[PDB]
Participant: 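Here it is: the structure, laid out below.
So that the names make sense, note that chain A is the first sequence line, chain B the second, and so on, each numbered from 1. Portion of entry displayed, and contacts counted within that portion, nowhere else. No hydrogens, no waters, no symmetry mates; every other heavy atom, side chains included, goes into these values. Method reported for this entry: X-ray crystallography, 2.8 Å. Read the numbers this way: they start at 1 and go in the same order the structure lists the ligands and their atoms.
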Amino acid sequence: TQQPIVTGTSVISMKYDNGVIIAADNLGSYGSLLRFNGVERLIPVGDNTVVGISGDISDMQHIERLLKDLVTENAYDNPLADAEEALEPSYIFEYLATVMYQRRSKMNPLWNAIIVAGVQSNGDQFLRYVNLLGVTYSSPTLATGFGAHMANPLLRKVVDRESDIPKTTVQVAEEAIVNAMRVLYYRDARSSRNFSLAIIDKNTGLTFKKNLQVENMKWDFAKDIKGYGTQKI
Amino acid sequence: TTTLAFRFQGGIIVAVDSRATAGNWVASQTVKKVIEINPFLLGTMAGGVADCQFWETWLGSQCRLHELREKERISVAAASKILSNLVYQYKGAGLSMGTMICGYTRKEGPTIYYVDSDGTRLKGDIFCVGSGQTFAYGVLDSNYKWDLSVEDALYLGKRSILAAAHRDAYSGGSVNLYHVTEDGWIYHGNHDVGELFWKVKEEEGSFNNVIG
Amino acid sequence: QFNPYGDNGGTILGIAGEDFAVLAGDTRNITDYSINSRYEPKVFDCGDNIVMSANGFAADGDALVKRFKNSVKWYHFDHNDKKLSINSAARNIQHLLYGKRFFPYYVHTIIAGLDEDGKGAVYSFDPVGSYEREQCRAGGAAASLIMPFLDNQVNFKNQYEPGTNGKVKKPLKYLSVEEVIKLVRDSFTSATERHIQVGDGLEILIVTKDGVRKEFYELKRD
Amino acid sequence: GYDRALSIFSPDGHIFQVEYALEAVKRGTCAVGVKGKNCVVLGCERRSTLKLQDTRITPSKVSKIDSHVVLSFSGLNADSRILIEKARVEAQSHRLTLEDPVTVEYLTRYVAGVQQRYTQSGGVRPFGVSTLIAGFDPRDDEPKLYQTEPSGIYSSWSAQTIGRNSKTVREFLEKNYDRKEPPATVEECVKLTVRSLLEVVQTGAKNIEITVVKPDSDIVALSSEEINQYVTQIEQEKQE
Amino acid sequence: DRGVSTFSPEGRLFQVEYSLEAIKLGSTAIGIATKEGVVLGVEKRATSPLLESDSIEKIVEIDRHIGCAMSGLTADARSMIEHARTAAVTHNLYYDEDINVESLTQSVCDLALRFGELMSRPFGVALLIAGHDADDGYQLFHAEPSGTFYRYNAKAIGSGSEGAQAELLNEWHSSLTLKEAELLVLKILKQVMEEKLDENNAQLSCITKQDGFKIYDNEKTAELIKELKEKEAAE
Amino acid sequence: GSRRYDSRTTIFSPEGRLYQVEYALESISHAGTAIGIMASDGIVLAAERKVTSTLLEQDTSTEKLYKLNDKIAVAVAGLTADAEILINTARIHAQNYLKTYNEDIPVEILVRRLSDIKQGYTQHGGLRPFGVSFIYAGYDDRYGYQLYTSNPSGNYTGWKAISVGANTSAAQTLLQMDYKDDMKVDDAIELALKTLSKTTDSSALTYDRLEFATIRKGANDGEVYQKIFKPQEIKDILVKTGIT
Amino acid sequence: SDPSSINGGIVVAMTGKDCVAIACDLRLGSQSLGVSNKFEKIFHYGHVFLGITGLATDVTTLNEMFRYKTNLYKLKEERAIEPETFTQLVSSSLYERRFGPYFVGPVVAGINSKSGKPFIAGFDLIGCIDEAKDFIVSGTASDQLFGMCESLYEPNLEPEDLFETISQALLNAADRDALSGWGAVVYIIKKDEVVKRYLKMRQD
Amino acid sequence: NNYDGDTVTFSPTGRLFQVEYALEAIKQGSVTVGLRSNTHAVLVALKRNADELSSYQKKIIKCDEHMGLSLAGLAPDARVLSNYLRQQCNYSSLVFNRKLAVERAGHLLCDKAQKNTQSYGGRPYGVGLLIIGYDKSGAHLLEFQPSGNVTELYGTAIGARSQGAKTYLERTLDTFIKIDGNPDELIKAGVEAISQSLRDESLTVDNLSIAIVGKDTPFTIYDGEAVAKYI
Amino acid sequence: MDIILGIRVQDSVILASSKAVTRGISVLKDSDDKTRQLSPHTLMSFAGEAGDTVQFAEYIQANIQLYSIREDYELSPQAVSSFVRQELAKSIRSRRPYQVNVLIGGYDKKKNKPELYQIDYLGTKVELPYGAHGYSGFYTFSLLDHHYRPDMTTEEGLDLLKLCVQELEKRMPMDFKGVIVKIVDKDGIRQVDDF
Ligand SMILES: *[B]([O])([O])[C]([C][C]([C])[C])[N]C(=O)[C]([C]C1=[C][C]=[C][C]=[C]1)[N]C(=O)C1=[C]N=[C][C]=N1
């Protein structure tokens, strides 16, 4: 049993016709203090998987090392390490899920919420969640922390069920994700303007975008708001 | 829960209710609270549903192993002490059990042992165990004799459970009867309390407080 | 302080027919007042014509199902590909659950299938491994809503024959698979209306001598 | 720990360490067991090479395992103490858990099991001891007499002997013991036991020990004078 | 000296091959399997007439549906029987059913090669394990200290084994009745035994679906011995 | 591997003897003779130190006679270092018994415990046995004055009079000749010394070559005293008995 | 609840001219219930005397433990243990149970047999040594004993005078404590004679 | 000679005699064949009986839905090694949701056997194994030796008289590798291959033991009247 | 359980122990014997937490019986009491201590004296002319302080014991369903069947 110290906030994600998109901001909070402003919380594994992590950052860095080691281990005595016997999204997830549930079972959890996004060998979209309790679930859209409350409602208007996935393009999907990140910046007190985004497509592969910023923000209306009720000046 | 067992001329009568509850919610009315350990041994269940089931079926495995090794039926004393010594090892861990181990051997005759999760092991003639044990005791103590017929003894057990089923909120469903002789136990049916209450009320003239 | 348990909601329902058995469950998965997934399968074909669901804390549910599936596999290896009977499966699951008596799997387990006489069978468990064969059992969040309805409409409880006035009971005539599916669908429609953790979709697994079939029905998504 | 396999098979299918343990038994002082109709008697040889002995305090050859069972032996004395101690502990353990004293067959089976275990465990040698276990089961009047040996095999005997010159006294018993009609009384049973030892012992003075066990935990050891009277009567009948 | 788990130049484990020689010195045990049941019989071989022969226990119950006969260093068999009984009962506890005869035998044979420098040497005893289950019916297995087990229609082990096996080769067919099998075991035991066969120095047993595993009384066997004598004198 | 160098200390010979026990007894037969004689009013322990020197400090020396508690003492024959290991174990066992039952340990129970330890080294562990034989002289309120002996096999026996170490065959014959049951301590003192004086391999028996001890009820009223004799006291008792 | 005051009791020790004195009450109780009036708290191992207050089961256990150790000491050393040396042994033995201690308040008293010098010493429940020239106190009425000793005591008191001083110190201190009393014993100790006196006191 | 007392001792020429003696136990064992095409992989095994009353000893063991092996030598050692494979296949599935690669299964068997050849007290395994399987890189056939050496092959045979079947496969290499989408013809080629190792005895209904695994074919074993088709 | 008493007179020790067993609300039994014979001339009564009492008593019984067989000799009451004390003193610092209080009544055949030892669950031993555990002493000790004289007969002891039980039956709230009385003397242990 511990308490989380340096923490990361929401991770958000969704499926689209030819793949999956995932995003998370670059902040490492220390309670209410916005301590570290250059923290990468999306961690790619090969050219077919991206693991998004929220919660305790020391535990995140531990998980990051486990994944790095997993790649090294898979390559051992494996001539098809960059082909048929490469690491799949499903393999990487199931491994993490196993660890998370084992650690909770020893009453010493990795204090995180994790989303594994990727594309499988047969082109199938992979998107699944796991957290400190070892709880897992999949959905056309997945989000952690505040994202669960604010992002999912917006992303579910694009892809409400399974049949909406082929009808959703990558342009429409990215647009929805970027908007969700703006909304989280308006409303989450432990978020930052700077974020990273990752697309994994079955055709065009893994596109990793860094140093993105929330833009097109509405603040002008604030000038007209005066007092808390009766005040006119 | 109301479970009883008593020694008499014709052997042992065992009677139990069928109700299982989680708070105020009635989880099951069809619970088998008598465990058939072998053709000669019965165990009653009260307290933790799982603890009792698990460790009393386990007891049957230890009894089978005894008679495979010793070429002889296990004594009620030995069988009961295997269970009590086991639960004593777990004392403090939070097991919840109140059980009667009932049997009939040549050397002992009809024998009943009260075994309990605090480590208590008691030999006796009459025992009532469970939330509705006080209600069942009332009927038993006033009507019990050594010289009861198998028919009258069976009814007294049935009636004592009915008494507790009525008053105790955590007892009810149905009544399972067993009669234990030296050649083994004999099952005497499932009796729904919904039908048994009205039947007994009419025939016995009892429960004049209730309208029917 | 760290709490190793959680509640993922959901509800499940097993009914045993004369020569068949169904095990249904809603597809919604939740924490607190949020939906995690509208379609997260909860009932599983475990092989040997046995279907299983472990409702409650999903992480413990998935662990248990995973370990039972594993037990079926090793049963085949160790006993010359012998079919694991439903009664044998039930006893094995008791030991899986009781093995963690002092740090329990936080689930309500139900399995369904056919017994060795071909007749429909449903078994029900508590979190620490006690079990009992039943004709009818609902489990999980809305179990208190569904069970009474099933006492009335499956076992004809408190029902009697017209003209006799409480003297003659309604006879316990057998229910077809079509008739049971009707009762399952209505049970979940009703449960969805009045329970916030039930909804999105209903998935039913039917078990017969021919094998394991699946049916899916939409439920209200609010 | 010392794990060396001392008891192992040989090309001809023999375990020599177990067989050499039997040779240690052959060296030991003679012990004999005879069961009558309502009693069992255990006779034992005391070698008279050791005088200036204190017979009050010297370890007696027959040992009580419980109030109703006794154990005598032939072979290494020091080894026998270890088996006796274990047997005494198991006897009290049985009473504690089963709420009933051990049967003679059970106690034998336990002692025999210990001996067997020492024939296929690493770092240990077999016991150089064969035992005669005798007594009466609880609430039973049928006499019991069992034998064990280093290999761990055990069996029941109407009458049996072990130790040095046991071949001779077994020869005596085989012609003198009738199964259809065993020694009906205590006197007859003791007499036959003393007779069998007199085939081997030397002097009938302080060289013979006799212990009589009867039903319901009735065990007594005969004194020098009491045994000496049996020795006197046997030879006076023999002078004819 | 040399390792306990050492291979010979021919590719055989020295200790296993030497334990087989100990089994050849043991008393004879015979088993015959039929569609009506499986019969098990043994030579008691008392070393002296003062030894009460009924205390010689070479046929043993493992469960209601599984019996067992032994030959060789019979003291070694006690921990094997204890394991077998535990395995049979434990499986019933875990699965609420009888355990397959083959699965029981496999569990016993798993102990065999657990020796080294675990126990210090292999078992010096062979076992005939007979039983019935719903899947494969009436069965007879031969469990060696090598860890190997063969199923048999009929099988003899011990000192008079190769002579008995040759006799079982000619006599066994698929339509044998239980009565015919009882007499056949007695006939072959009588042939290979040193002393004259009677109810006190030989023991019979069987396993049927209905009645389970039973050791035959000395009175019951005595009648079957008398029935055998008469039918041999009949031609 | 290591098997190659293993002597296998705990095995039977083809004749059914324990090699190492037999050889340990051969070692003990060269050790200085120790004698124990039990009387009605006490027990005597006499023992010969092995070929000493004039430059050995005798008054502070102890190789033969050791005190286990206030009621029990032992005479040693064999490896002194091995004996001290066992002696310290015996001293502890006595104190464990006293703590548990609040009574002084009965002599036989102490003797059985030490003898069981010796036995263990002959059956398991692969170690060499202890090359020691003890004479136990002790008193308790059950059996009174008692003499025991134990040897490397772990076998023990009770005695009226007994010798261990060198020339036991000759010593035991002499003791068997002159010992009587109604004997007293003063007489037993004389017998012990006379027996050593005849069996000794030395030219003459002197005070500097002996260790002597008595266990008497010759203590003021119903109680027992242990006396470990000083050099000058051994010299005086040698003159008194007429040996020097 | 507090282990050191379940049973009750006191011990006091003092020095004089070529002599030492140690005294104790005789009460053993179960909180308010008086159980025994013959529970002596002073023990001796040779010429070294040890008083022990506190939880009664530990008083008994430690006595048996130090008898054990002093008996082995004597066998190996071939001499009786001296007060100074015994004091160190008590300290060592208590501190080894640092985090699961015996709930006791031991007091040592005796005269060194070689130097002739009087010696007393006290300990807390975990081994700390207090080696006073004048006096040592212990038990449930230790505050009371401190007050009596500090006023009544003077140095170089003759054996018979010292008896009076230590007795009055104990008696009057015990009478102001509910869990002490029910009889008392005083030991006067000279180089080669030790007198033991039981005191007549109020039995409430 | 002086260097064959235990496995921890090299000979003066650098040989490990205990390992070589374990290799000899395989040669005494009954013949078993393994071959594969691009779609399927087959095992054919001649089972051996004790006598006419006895059953024929089983040669083939299933390890997973996609992997299994045939044995030759000490059967209990095959049970130990197959049990280890079963666990490793199972660990890969439960932890990584991944079917264990046949090549990696060979690497694990190699390393397990090796530890028994370098330590005092233990002994080498006395059995040879032929592992077939279908994974993400198609059909596979492996040959395991208890020295630790594992080899991937198109076809092979081990046991007594295995040289005859091994030569036949060496001739037929170009033909049977092309047998794609035709399980019956691939088994025919395996049955005809094992026939080159028979003397005196022929393939009967309770003698023969066949196993197959492929693209849309789980690892199954055929015995009894199920192989009468191929006799 | 509840009330256990003991009194040592001229030539014997008398133990009295209640018959009731109560689990919570109900009295399950009214004929329970809260004692075990350790040896022919030594008897131990006990009271404490459920289960622990019998488990501890039988465990001590087994150990003493083992000693008797091994040495063919009966331990003195003093020796047995010291053994029991040590077991409890060991127990009190265990993971889960024995919650048991005992009285040990024996007759020493060597000294020809009766002996009564009171030991609590902490391992606190005292030899006494009369003793009790729990709240029993609170009512009975004042009577025993007045009437006891060390030279009483066994009959005078039983009368003084009846006066103690009568006081308990008057002033104690709990119904302990009477007592089973046992006497320990030179001839061994016997039960007074009418009390
Ligand atoms: B009975 O009420 O004691 C009954 C006996 C049991 C063997 C069926 N126990 C229960 O009903 C208990 C609750 C309880 C009620 C009253 C007294 C004591 C205990 N129920 C359970 O243990 C339980 C466990 N899981 C699900 C439902 N019920």
Participant: What is the recorded name of the drug molecule at ligand 1?
Facilitator: bortezomib (bound form)
Participant: For bortezomib (bound form), which chain wins on contact count (greatest number of heavy-atom pairs under 4.5 Å), named per UniProt?
Facilitator: Proteasome subunit beta type-5
Participant: What other chains contribute a heavy atom less than 4.0 Å from an atom of bortezomib (bound form)?
Facilitator: B, C
Participant: Tabulate residues with any non-hydrogen atom nearer than 4.0 Å to bortezomib (bound form).
Facilitator: B/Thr1, B/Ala20, B/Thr21, B/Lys33, B/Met45, B/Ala46, B/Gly47, B/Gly48, B/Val49, B/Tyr170, C/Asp126
Participant: Provide the residue and atom to which the entry gives bortezomib (bound form) a covalent bond, if any.
Facilitator: B/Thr1 OG1
Participant: Tell me, what does this PDB entry call chain C?
Facilitator: Proteasome subunit beta type-6
Participant: What species name appears in the entry as the source of chain B?
Facilitator: Saccharomyces cerevisiae
Participant: Among UniProt active-site residues of chain B, which is nearest to bortezomib (bound form), and at what closest non-hydrogen distance, rounded to 1 Å?
Facilitator: B/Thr1, 1 Å
